[PDB]
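Drug on board: tacrolimus.
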Protein chains: 2
Amino acid sequence: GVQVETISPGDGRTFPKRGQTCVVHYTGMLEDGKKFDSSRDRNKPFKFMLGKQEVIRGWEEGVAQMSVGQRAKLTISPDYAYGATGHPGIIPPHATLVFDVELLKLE
Amino acid sequence: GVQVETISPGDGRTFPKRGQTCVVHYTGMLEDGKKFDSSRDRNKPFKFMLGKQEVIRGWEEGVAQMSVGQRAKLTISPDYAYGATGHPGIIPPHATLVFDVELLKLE
Ligand SMILES: C=CC[C@@H]1/C=C(\C)C[C@H](C)C[C@H](OC)[C@H]2O[C@@](O)(C(=O)C(=O)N3CCCC[C@H]3C(=O)O[C@H](/C(C)=C/[C@@H]3CC[C@@H](O)[C@H](OC)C3)[C@H](C)[C@@H](O)CC1=O)[C@H](C)C[C@@H]2OC
Ligand SMILES: C=CC[C@@H]1/C=C(\C)C[C@H](C)C[C@H](OC)[C@H]2O[C@@](O)(C(=O)C(=O)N3CCCC[C@H]3C(=O)O[C@H](/C(C)=C/[C@@H]3CC[C@@H](O)[C@H](OC)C3)[C@H](C)[C@@H](O)CC1=O)[C@H](C)C[C@@H]2OC
């Protein structure tokens, strides 16, 4: 499933609804902290909409639990991410993923 | 995992090794038989190599158990395919996939 652990609290009242665009910054890491990707390194937020199979399920369920301005660590089991296959040449088979996500705005 | 059920036997001696190119024809279906893709409909075999995260894990383990000329049904659990996310706009969350695969040749 997905576990959400809060680094900095959000506003406690504006939570993502389907059809809104979530604007986020993220750093993706393996369980030992090794970074494989980051939008912060590109200085460009990532945007996506809930409800459209646009992101791995771990993100669809984890970001829905965050309010605007919150920064959280999402730990996602392989079945809610790339499972037994992994993602070619970046993520191994059976990997639990850790994302540092900041929900900046809803559009 | 992956279950392999044989429709027509292969030669019983030439099995795929890593670094060989497998040439196949396939039809992918949901568990109720609804077709979502087929190389046979495009009249063009699909080619891939074992060992390179080029296909879902269910195929890497299932085709390794087939010999040249064999036609088999591969039933693949969601964790060995697209898990809880699915594949956007084609495959739902938590779907077991059935592939009719024919191993035509190894290159
Ligand atoms: C159309 C092609 C390019 C298109 C690319 C972008 C818009 C640029 C965007 C910043 C992605 C990154 O590009 C630098 C890069 O992000 C990762 O590094 C990563 O951190 C990650 O895991 N993320 C990204 C941030 C949201 C969560 C997750 C994801 O859900 O990502 C999604 C993903 C890969 C899901 C698959 C989709 C197929 C399903 O079958 C499978 O389901 C099992 C899950 C991405 C957003 C796709 O929806 C759309 C894309 O692919 C991947 C390790 C590899 C990925 O590059 C491809
Ligand atoms: C570079 C982009 C285009 C590139 C496309 C081709 C060479 C054309 C090729 C005939 C694919 C089909 O195009 C008509 C189409 O085949 C499906 O319909 C399907 O029947 C299927 O399931 N197949 C295809 C036959 C082998 C098994 C499986 C697969 O393993 O496919 C792989 C797959 C999607 C794996 C993801 C990769 C990311 C991982 O993170 C994730 O791991 C959880 C698993 C394909 C071969 C990729 O390796 C490479 C591609 O994507 C998918 C439902 C959607 C897919 O279109 C994209």
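So you know, we letter chains A, B, ... as the sequences are listed, proteins then strands, and number each from 1. Keep in mind that the numbers below use all heavy atoms, side chains included, and drop hydrogens, waters and symmetry copies. Per the header: X-ray crystallography, 1.7 Å. Order of appearance sets the numbers: ligands from 1, and atoms from 1 within every ligand.
Of the chains near tacrolimus (ligand 1), the one making the most contacts is recorded in the PDB entry as FK506 binding protein.
In contact with tacrolimus (ligand 1) at heavy-atom distances under 4.0 Å, by letter: A, B. With the cut-off at 4.0 Å and only heavy atoms counted, the binding site of tacrolimus (ligand 1) comes to A/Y26, A/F36, A/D37, A/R42, A/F46, A/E54, A/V55, A/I56, A/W59, A/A81, A/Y82, A/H87, A/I91, A/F99, B/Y82, B/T85, B/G86, B/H87, B/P88.
In this structure, atom 51 (O) of tacrolimus (ligand 1) is not in close contact with the protein, since no protein heavy atom lies within 4.0 Å of it.
The entry attributes the origin of chain A to Homo sapiens.
With hydrogens left out, the protein atom closest to atom 48 (O) of tacrolimus (ligand 1) is A/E54 O, 2.7 Å, a heavy atom.
Numbered from 1 in the order shown, with element, the atoms of tacrolimus (ligand 1) that lie under 4.0 Å from a heavy atom of A/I91 read 53 (C). Listed by number with element, the atoms of tacrolimus (ligand 1) under 4.0 Å from a non-hydrogen atom of A/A81 are 43 (C).
Using 4.0 Å as the cut-off, the other ligands and ions found near tacrolimus (ligand 1) are ligand 2 (tacrolimus). Listed by atom number, the atoms of tacrolimus (ligand 1) under 4.0 Å from B/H87 heavy atoms are 40 (O). Protein heavy atoms all stay at least 4.0 Å away from atom 6 (C) of tacrolimus (ligand 1). Within tacrolimus (ligand 1), the atoms closer than 4.0 Å to a non-hydrogen atom of A/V55 are 26 (C), 30 (O), numbered from 1 in the order shown.
Among protein heavy atoms, atom 39 (C) of tacrolimus (ligand 1) sits closest to B/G86 O, 3.6 Å. Looking from atom 11 (C) of tacrolimus (ligand 1) to the surrounding protein, the closest heavy atom is A/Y26 OH, 4.4 Å. Most residues of chain A touching tacrolimus (ligand 1) map to the UniProt domain PPIase FKBP-type.
Within the 4.0 Å cut-off (strictly below), no protein heavy atom is located near atom 55 (C) of tacrolimus (ligand 1). Scanning all protein heavy atoms for the shortest distance to atom 30 (O) of tacrolimus (ligand 1) gives A/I56 N, 2.8 Å. Within a 4.0 Å radius of atom 3 (C) of tacrolimus (ligand 1), the protein has no heavy atom. Distance remark: protein heavy atom present below 4.0 angstrom from atom 43 (C) of tacrolimus (ligand 1).
For atom 9 (C) of tacrolimus (ligand 1), the nearest non-hydrogen atom of the protein is A/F46 CE1, 4.0 Å. Of the protein's non-hydrogen atoms, the one nearest atom 23 (N) of tacrolimus (ligand 1) is A/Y82 OH, 4.1 Å.
For atom 16 (O) of tacrolimus (ligand 1), the closest non-hydrogen atom of the protein is A/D37 OD2, 3.2 Å. In terms of protein heavy-atom proximity, atom 37 (C) of tacrolimus (ligand 1) is nearest to B/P88 CD, 4.5 Å. The atoms of tacrolimus (ligand 1) that sit less than 4.0 Å from any heavy atom of B/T85 are 42 (O).
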Mind listing the N or O contacts between tacrolimus (ligand 1) and protein, cut-off under 3.5 Å?
from                  : atom 1 : to    : atom 2 : distance (Å)
tacrolimus (ligand 1) : 16 (O) : A/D37 : OD2    : 3.2
tacrolimus (ligand 1) : 18 (O) : A/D37 : OD2    : 2.8
tacrolimus (ligand 1) : 20 (O) : A/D37 : OD2    : 3.4
tacrolimus (ligand 1) : 22 (O) : A/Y82 : OH     : 2.8
tacrolimus (ligand 1) : 30 (O) : A/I56 : N      : 2.8
tacrolimus (ligand 1) : 40 (O) : B/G86 : O      : 3.1
tacrolimus (ligand 1) : 40 (O) : B/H87 : ND1    : 3.4
tacrolimus (ligand 1) : 42 (O) : B/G86 : O      : 3.4
tacrolimus (ligand 1) : 48 (O) : A/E54 : O      : 2.7

